[PDB]
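Reading through the structure tokens given below for one structure.
By the PDB entry numbering, chain A shows 7-54, 57-157, 160-297, 310-328, 339-374, in order. Determined via X-ray crystallography, 1.9 Å. We count ligands from 1, going down the list as the structure has it; atoms in each ligand are counted the same way. The figures here come from the full heavy-atom set of this structure, side chains too, leaving out hydrogens, waters and symmetry mates.
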Amino acid sequence: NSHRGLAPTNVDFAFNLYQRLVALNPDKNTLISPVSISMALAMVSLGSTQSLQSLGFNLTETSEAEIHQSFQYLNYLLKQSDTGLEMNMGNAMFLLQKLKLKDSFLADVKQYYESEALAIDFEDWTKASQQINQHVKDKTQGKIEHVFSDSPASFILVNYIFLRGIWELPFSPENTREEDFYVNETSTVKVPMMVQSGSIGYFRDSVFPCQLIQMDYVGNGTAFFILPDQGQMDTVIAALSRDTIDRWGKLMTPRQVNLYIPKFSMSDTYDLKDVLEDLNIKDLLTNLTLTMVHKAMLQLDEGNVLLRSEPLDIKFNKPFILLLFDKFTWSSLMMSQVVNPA
Ligand SMILES: C[C@]12CCC(=O)C=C1CC[C@@H]1[C@@H]2[C@@H](O)C[C@@]2(C)[C@H]1CC[C@]2(O)C(=O)CO
């Protein structure tokens, strides 16, 4: 069970953060990777107790070494569901001005996490931001092309994750066709809609009015597509917890379905300074300003590697919730509110 030792903490943290973010802006697409955010905060706590406490740990019960060792081990366990998941995750620190990180900190970070520190010598912010942008692109297989544009900091942390998976039940690109997606009450937009028929894990819940489709990736990855009943998005969002997802996971059963899911890439940024407030940058530097951002990017596509029951049609053609998890570590790989895939 040790491979799952951080799940309860990490996943409580993930659902609370997600709910907070959806509340702050309910009308936007939200995409984050909680496990990636947990890693980034844990990593910065190497050089800074209020960071770790904010992640959900009580340090009277778990020592510092225990946490960093658990996170190290988790990072190794995560890079293994990659049989059917392209998952470029990492942390880059960019140091502007004449600033150097402590040798102690830089070493601890390389060791327990896989982070990188780069000196940006351009005073001009346009160049600086571009170099920072070229970095993260290269590290994400050409996929995250911009992070900044935007207020220049002296010390910049980028936590990034590109994710893209191969389905156990892939869609046929031939079947993908333009359909209406209903964004809100007045506006429809056209999106490429993927379509397949088959026996697919499905649940129609009543306490929280939604329908769920569970789509497995090849490997240990899995996706919950959650379609709230009409008018019920706020309710379902409030339902989200480790308690609730445990229930759902146990009630999913194969059912013959006609399944319509949009093909899209989504990306989003999250200011880590609202979970990691009042860091002392001087604790990290050998001896001004601070930008710490998490950028997540999900490519959702057809995902291919190479009965006398009437099927039910379920279309994700209006806003929905997308939760990606690792079945092995119980990690939250991504949580999303998909409001508009066009
Ligand atoms: C709440 C739960 C169990 C207790 C825990 O500390 C953390 C979690 C979060 C992730 C959950 C997990 C289990 O319920 C099994 C789940 C649902 C997993 C995500 C995907 C899962 O592995 C399955 O889909 C199993 O079919």
Quiz item: Can you identify the drug molecule modeled at ligand 1?
Solution: hydrocortisone
Practice problem: Identify the main binding partner of hydrocortisone here and report its name as listed in the PDB entry. | Solution: corticosteroid-binding globulin
Exercise. Enumerate the atoms of hydrocortisone whose separation from the nearest heavy atom of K359 is less than 4.0 angstrom.
Key: 22 (O), 23 (C), 24 (O)
Practice problem: Would you mind listing which atoms of hydrocortisone come within a distance below 4.0 Å of any non-hydrogen atom of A13? | Solution: 6 (O), 7 (C)
Self-check item: Any N or O of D358 closer than 3.5 Å to N or O of hydrocortisone
Solution: no
Practice problem: Tell me which UniProt cortisol-binding residues in chain A have a heavy atom less than 4.0 Å from hydrocortisone. | Solution: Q224, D256, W362
Exercise. May I ask you to check if hydrocortisone and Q224 share an N or O to N or O distance below 3.5 Å?
Key: yes
Quiz item: How does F234 reach hydrocortisone, if at all, at less than 4.0 Å between non-hydrogen atoms: by side chain, backbone, both, or neither?
Solution: side chain
Quiz item: Which other-chain residues have at least one non-hydrogen atom less than 4.0 Å from hydrocortisone?
Solution: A13, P14, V17, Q224, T232, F234, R252, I255, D256, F357, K359, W362
For each nitrogen or oxygen atom of hydrocortisone, which protein N/O atoms lie closer than 3.5 Å, and how far apart are they, rounded to 0.1 Å?
{"from": "hydrocortisone", "atom 1": "14 (O)", "to": "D256", "atom 2": "OD1", "distance (Å)": "2.6"}
{"from": "hydrocortisone", "atom 1": "24 (O)", "to": "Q224", "atom 2": "NE2", "distance (Å)": "2.9"}

